[PDB]
Amino acid sequence: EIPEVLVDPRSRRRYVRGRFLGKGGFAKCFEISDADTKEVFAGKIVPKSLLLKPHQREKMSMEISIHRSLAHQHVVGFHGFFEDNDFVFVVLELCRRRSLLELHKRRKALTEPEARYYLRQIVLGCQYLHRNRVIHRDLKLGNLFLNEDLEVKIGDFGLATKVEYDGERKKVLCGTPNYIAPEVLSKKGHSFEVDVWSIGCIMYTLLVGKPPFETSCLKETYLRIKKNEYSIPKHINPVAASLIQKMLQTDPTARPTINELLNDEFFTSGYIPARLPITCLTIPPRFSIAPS
Ligand SMILES: C=CCn1c(=O)c2cnc(Nc3ccc(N4CCN(C)CC4)cc3)nc2n1-c1cccc(C(C)(C)O)n1
Ligand SMILES: [Zn+2]
């Protein structure tokens, strides 16, 4: 049973357990608030009872050690971690506007400048991660959180990995990513190109309003990722569709690096709003010059 109040004995801090946010893996997420500073955060509470096997305990440590080394405007802030007899608690930045998945749920297909707006911040954050030699490996709508200003914050570093040397090919991804890259499925080894693939899939879902490889059978969805079986609707811009085609290639050595993306015609030749109206959560924005 999760405690009503959580206390860290090294930093001397008390966080009051509040609203249930979401359930991921073993973890339960609750909005927690510091007794003294009156600051609210997102709290990831994992039960030790489900961390008895050292393999699962090591995963949690790897996830924390990776997340704590990350400081960026487009990454979910890390404020700490602590533990007790039965639980592991992680203290992270709380984004009150939830995640792009909620936005996708209500809004489905988004306007082209809205996608250009978010994709820029998803890339900027991922650029930071790749500069620090971190592969997220599970980039999806549900872990791209939005703060009050609707700026993207990447979170959920459970499937993340640090690249220890030049040209390293990770042979094992223990876990199941949402936008799983073909090299993961075919077990040929993988590197940074798996994140560009996820970004390509995310781009498709924001512009089209459904995932590129969604089938009833997830195993038949995997067959499609392998065969490169997708079709971009013809109502989608030929510049945006050309970027999706670049990012969704079975050959990882052919996908643009996280650094070349902001320099694609899709970004450089299109309107990228400086900020989005909070109405865009509910209503599609028109982006007009003046109001009649
Ligand atoms: C702490 C675990 C990972 N995580 C974060 O780092 C994070 C940061 N901000 C947020 N914000 C947030 C706020 C509210 C809500 N909900 C409000 C209640 N609704 C019923 C559903 C949506 C939702 C989010 N939420 C955050 N996280 C979060 C919270 C719930 C579920 C999940 C997943 C599904 C990725 O495990 N992640
Ligand atoms: Zn394993």
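In chain A, numbers come from the PDB entry; the residues present are 39-330, in order. Numbering of ligands and ligand atoms starts at 1, following listing order. Recorded method is X-ray crystallography, 2.2 Å. Hydrogens, waters and symmetry mates play no part in the numbers below; they use all other heavy atoms, side chains included.
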Okay, my shortlist is PF-3758309, MK-1775, IDX375, AT-9010. Which one is at ligand 1? MK-1775
Which chain accounts for the largest share of heavy-atom contacts with MK-1775 (ligand 1), under its name in the PDB entry? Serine/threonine-protein kinase PLK1
Which residues of other chains have a non-hydrogen atom closer than 4.0 Å to MK-1775 (ligand 1)? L59, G60, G62, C67, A80, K82, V114, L130, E131, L132, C133, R136, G180, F183
Is any covalent bond from MK-1775 (ligand 1) to a polymer chain modeled here, and which residue and atom does it involve? none
Any nitrogen or oxygen of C133 lying under 3.5 Å from a nitrogen or oxygen in MK-1775 (ligand 1)? Just yes or no. yes
Measuring to protein heavy atoms, does anything land under 4.0 Å from atom 33 (C) of MK-1775 (ligand 1)? no
At a 4.0 Å threshold, what atoms of MK-1775 (ligand 1) neighbour a non-hydrogen atom of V114? 6 (O)
Taking only heavy atoms of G62 into account, list the atoms of MK-1775 (ligand 1) that are under 4.0 Å away from them. 36 (O)
Heavy atoms only: which UniProt active-site residue of chain A is nearest to MK-1775 (ligand 1), and how far, rounded to 1 Å? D176, 8 Å
Of all residues in chain A that touch MK-1775 (ligand 1), most belong to which UniProt domain? Protein kinase
Interfacing atoms of MK-1775 (ligand 1) (cut-off 4.0 Å, heavy-atom, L130): 1 (C), 6 (O)
Would you say atom 19 (N) of MK-1775 (ligand 1) makes contact with the protein, given that contact here means a non-hydrogen protein atom less than 4.0 Å away? no
I'm curious which other ligands and ions end up under 4.0 Å from MK-1775 (ligand 1) - can you check? none
Any non-hydrogen protein atom less than 4.0 Å away from atom 14 (C) of MK-1775 (ligand 1): yes
UniProt ATP sites of chain A near MK-1775 (ligand 1) (heavy-atom cut-off 4.0 Å): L59, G60, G62, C67, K82, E131, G180
Ligand-residue contact atoms, MK-1775 (ligand 1) with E131, heavy atoms, under 4.0 Å: 8 (C), 9 (N)
Taking only heavy atoms of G180, which atoms of MK-1775 (ligand 1) are found under 4.0 Å from at least one of them? 35 (C)
Output, or 'none' if empty, a list of MK-1775 (ligand 1)-protein atom pairs in which both atoms are N or O and the distance is under 3.5 Å, rounded to 0.1 Å.
unit_1	atom_1	unit_2	atom_2	d
MK-1775 (ligand 1)	9 (N)	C133	N	3.1
MK-1775 (ligand 1)	11 (N)	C133	O	2.7

